[PDB]
Peer 1: 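Provided herewith is a single structure, encoded as structure tokens, for subsequent inquiry.
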Amino acid sequence: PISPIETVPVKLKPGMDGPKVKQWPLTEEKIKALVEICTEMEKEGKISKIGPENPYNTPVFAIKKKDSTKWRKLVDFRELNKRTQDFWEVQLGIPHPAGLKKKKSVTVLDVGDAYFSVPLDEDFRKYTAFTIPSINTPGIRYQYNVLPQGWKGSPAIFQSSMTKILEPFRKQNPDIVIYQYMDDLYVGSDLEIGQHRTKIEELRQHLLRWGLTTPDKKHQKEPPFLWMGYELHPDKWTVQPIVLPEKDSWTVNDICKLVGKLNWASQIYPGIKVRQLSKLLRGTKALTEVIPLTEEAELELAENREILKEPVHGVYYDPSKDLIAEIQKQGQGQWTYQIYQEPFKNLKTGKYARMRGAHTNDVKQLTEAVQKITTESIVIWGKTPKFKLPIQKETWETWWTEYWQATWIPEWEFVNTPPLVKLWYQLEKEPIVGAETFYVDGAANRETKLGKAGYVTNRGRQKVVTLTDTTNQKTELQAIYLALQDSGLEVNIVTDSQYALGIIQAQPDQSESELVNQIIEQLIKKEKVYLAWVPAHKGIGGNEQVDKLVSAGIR
Amino acid sequence: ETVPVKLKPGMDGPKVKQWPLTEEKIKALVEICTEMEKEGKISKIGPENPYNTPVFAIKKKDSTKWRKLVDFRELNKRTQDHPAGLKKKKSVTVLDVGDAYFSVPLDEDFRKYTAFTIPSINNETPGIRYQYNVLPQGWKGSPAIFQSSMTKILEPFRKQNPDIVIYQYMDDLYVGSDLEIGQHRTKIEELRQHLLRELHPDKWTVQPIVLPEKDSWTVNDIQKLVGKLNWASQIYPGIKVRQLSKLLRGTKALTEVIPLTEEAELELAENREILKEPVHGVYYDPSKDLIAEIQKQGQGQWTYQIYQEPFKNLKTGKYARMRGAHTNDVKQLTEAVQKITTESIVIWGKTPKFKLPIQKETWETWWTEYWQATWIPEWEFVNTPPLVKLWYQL
DNA sequence: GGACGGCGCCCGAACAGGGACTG
DNA sequence: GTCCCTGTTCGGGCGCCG
Ligand SMILES: Cc1cn([C@H]2C=C[C@@H](COP(=O)(O)OP(=O)(O)OP(=O)(O)O)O2)c(=O)[nH]c1=O
Ligand SMILES: *P(=O)(O)OC[C@@H]1C=C[C@H](n2cc(C)c(=O)[nH]c2=O)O1
Ligand SMILES: [Mg+2]
Ligand SMILES: [Mg+2]
Ligand SMILES: [Mg+2]
């Protein structure tokens, strides 16, 4: 039937009108499906026959449902959706099984023809006009009186209406938990099974009073419950399996599918990696372009396939116990983690592999993985976990002392599982006695892009390298790189580039620049580097000489 | 009867998404909003209202009470459009008079822009949405629309205490006086009773630029000094590095010891003098934004500058926590932001826009865990150059 | 086949700032 | 100013849910 809830008022955007779009040819199977659906909806007042006063139309079709025995009527409301007012969506996220607590009794039930039970604003109804074509016999015209499928207002208006409808029941029953995901209700309680079932009947009669049927066909009463794509057993949850494509030629679309499925799997499978497969999509043309799997992507995909051949499950949240998050490092800026309470019983798992910034190191990436996990934990469990990290306390101490930014990690304990996260070199705080002093500089001509990089040294050595198709910033980095190549294990370098100083000072070990990577390799080789700054073009000695040298061809 | 209010011309309302809340904060918000709804102060709304403004809660120190806080920064930006003695009083107390605002209705057409959404743990339910019916705490329009009632309430207390300085900034009264702290608190309780109807600003000091003292100077020491003085000359044109720089001719080792000439010594002593004088020609502009920059000096030390034009600092200071056996950079930065904002409010009546030296994500993950004010300043995230940290270091 | 809303991931386009440079 | 380099947001594919 139709809910007697008040309708949600909706308008079009200012100065716009309803859709006028011709119905396209449907196949006869879908014409019969739609005809049967529509004669029944019309008998029920969910749709109304319209006449010629209704100038509007928008195309209709139908598809199979999850239950392949049933059809679903859909409308291509893209034009009306364009012309409809904005909404604030109320679905803020996706509930996750690792956030469920142990309940004595559990029921999962579904609303029958949920949208078609919620009334639509009368003033808006005329814009929902559609046409059923005949197997010629004339074709019938209709409009909606309930929420249509394909309209952009329907999901939020339904989620809000469901919430209003559940409010009196939730108030009368504060201690029955109802996870409400669009129209699917997970219901848990600390009652014995008989009293739980009685409460479920009260909930069903409450919904029926408000127009929502709960067909027994979708009333799950026994574990494992099918919920949100998972199987909920009494003490563990599993994910319904992930079939990766097993193709030989791979298109961009094939790789998007693979990466999406791996990401989905990483919530419970430890160690999933998508770095190579994802970078394999850089600068692609279109979904149909054929990418060749690089050998790195080959290996990564193989590791993931082996990972996915394994049996795995989650457990439920016990709020009387701490949440523990343990992070592990793999290369190329990739991390995995497990969140658990008891030692070998994951609540869930995850991966973090986002590349932030042209240049970075492993301590930064660990800090941002910790941040990602913290906010995910707050969403799922409403509290922050205690961390177990592969980084020595002294490494972190050194970094937080040296690093000029505010940075912090919550309560954490060191975990001795390699690869340990470390800083790979450390700049000196003071100039080095006995180490040669290089004054470096670079100039570049903005018109010709020709440049020079070089050094003079206090021990009388000078070198200038010419560069093509370069920039001032690149010549400053090149001068530093050159001083590094031509110096001993200990070296003082004076630059005038606060660009280069700002990069090297933050101690990167990864970069997207080949030149900065070469510099990092040199820095790791050295025993001691001291890198000072002076202001350019102020005549400070040493700097003056090298500036004169590298300016010759360029300025 | 309400006061019709409008957005600035050509501006739509706020559409800011709600960020994740801890269980504690959600439970406190749900209780507070239940009571507010049952008193008519707010109403449940639906998704057909396209507006949203984030909401959280803060539990004040040693207090069992939570306080709801709406982040009205966006809506305050879009909403249509000072006692010099306050910064001088011996002591200043800050009273939270925001509750008063719930006595005044809000213009019906404006209510839709005050929409906010309570989340749920693990997305058990869709968000639950409300709008205001009364003057909201945290909204620019509340102290404005209420100012006449506030002045009528305060008139007699002010007449009976002409030496007291009372200042309103949106949810707070700042009450300043020159009393022994016991008599001061007695008068503050007189006011808190009257309203049934601790700072010490004269101790805030300025943190000057300072130059090293040495009996031996290397090429490195002098290079560092010359760069710092070159930077400082943009604030003080009197600074000169001619002779100090003269000592650096040639291509020398960084650790070579350079003896300071007479000329260079006099240049250094003169620069030490010039860094004492106040920055000339710096006049507060009410129509402009206050910019606050913060630098982490390390070891619990933080420096800051408040300006409106580059190098025209209105104030420079430091916030210096202690040793830090278990130190929290984000906590200390949040505390520094609140202290600096408090000073700005007292001195100029504005809050500053903060250039925060932190990664956006670190800050947004943790700052509400250390917040204690009823206002929130605007801010932005910067990757500071370590050079300016060295320039202001003490 | 194909319509909708949510969240996630990844990437590139279109911005926004700030530092160095030219004669 | 221009050029360069870096960061952020947002839209478009795909994954998952209903
Ligand atoms: C799966 C799905 C769903 N929906 C909308 C419509 C109804 C609600 C609930 O989905 P549903 O339970 O499968 O369909 P429903 O109309 O309730 O009919 P039943 O088969 O459950 O009786 O979400 C949609 O618009 N597109 C979709 O693909
Ligand atoms: P919506 O009503 O689409 O929710 C999905 C619904 C709940 C369970 C049910 N279901 C049944 C079966 C037999 C299955 O294999 N998967 C599945 O999701 O569909
Ligand atoms: Mg259903
Ligand atoms: Mg359903
Ligand atoms: Mg240079």
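Below, read A as the first sequence line, B as the second, and so on, with proteins coming before strands; counting in each chain starts at 1. Read the numbers this way: they start at 1 and go in the same order the structure lists the ligands and their atoms.
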Peer 1: What drug or investigational compound is present at ligand 1?
Peer 2: d4T-TP
Peer 1: Which chain is the largest contributor of contacts with d4T-TP here, and what is it called in the PDB entry?
Peer 2: Reverse transcriptase/ribonuclease H
Peer 1: Can you tell me which other chains reach within 4.0 Å of d4T-TP? Heavy atoms only, strictly under.
Peer 2: A, C, D
Peer 1: Which d4T-TP atoms are under 4.0 Å away from a heavy-atom of A:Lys70?
Peer 2: 20 (O)
Peer 1: I'd love to know what the PDB entry names DNA chain C.
Peer 2: DNA template 27-mer
Peer 1: If I apply the N/O under 3.5 Å rule, does A:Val111 come out as touching d4T-TP?
Peer 2: yes
Peer 1: For atom 22 (O) of d4T-TP, what is the closest protein heavy atom, and at what distance to 0.1 Å?
Peer 2: A:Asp113 N, 3.2 Å
Peer 1: Which residue and atom name correspond to the protein heavy atom nearest atom 5 (C) of d4T-TP, and how close is it?
Peer 2: A:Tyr115 CZ, 3.4 Å
Peer 1: Give the single entry among A:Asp183, A:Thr213, A:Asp184 that approaches atom 9 (C) of d4T-TP most closely by any heavy atom.
Peer 2: A:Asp183
Peer 1: With heavy-atom distances below 4.0 Å as the criterion, list the atoms of d4T-TP near A:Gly112.
Peer 2: 22 (O)
Peer 1: Looking at atom 24 (C) of d4T-TP, what's its closest protein heavy atom, distance included?
Peer 2: A:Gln149 OE1, 3.8 Å
Peer 1: Specify the protein heavy atom at minimum distance from atom 21 (O) of d4T-TP: its residue, its atom name, and the distance to 0.1 Å.
Peer 2: A:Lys218 NZ, 2.5 Å
Peer 1: Give the residue, atom name and distance (to 0.1 Å) of the protein heavy atom nearest atom 17 (O) of d4T-TP.
Peer 2: A:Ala114 N, 3.0 Å
Peer 1: Are any of the N/O atoms on A:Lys65, whether in the backbone or the side chain, positioned under 3.5 angstrom from an N/O atom of d4T-TP?
Peer 2: yes
Peer 1: Measuring from atom 11 (P) of d4T-TP, which candidate in A:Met182, A:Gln159, A:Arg72, A:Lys217 has the nearest non-hydrogen atom?
Peer 2: A:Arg72
Peer 1: With a cut-off of 4.0 Å on heavy-atom distances, which residues and nucleotides contact d4T-TP?
Peer 2: A:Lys65, A:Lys70, A:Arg72, A:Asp110, A:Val111, A:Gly112, A:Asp113, A:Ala114, A:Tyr115, A:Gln149, A:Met182, A:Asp183, A:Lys218, C:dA3, C:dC4, D:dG18
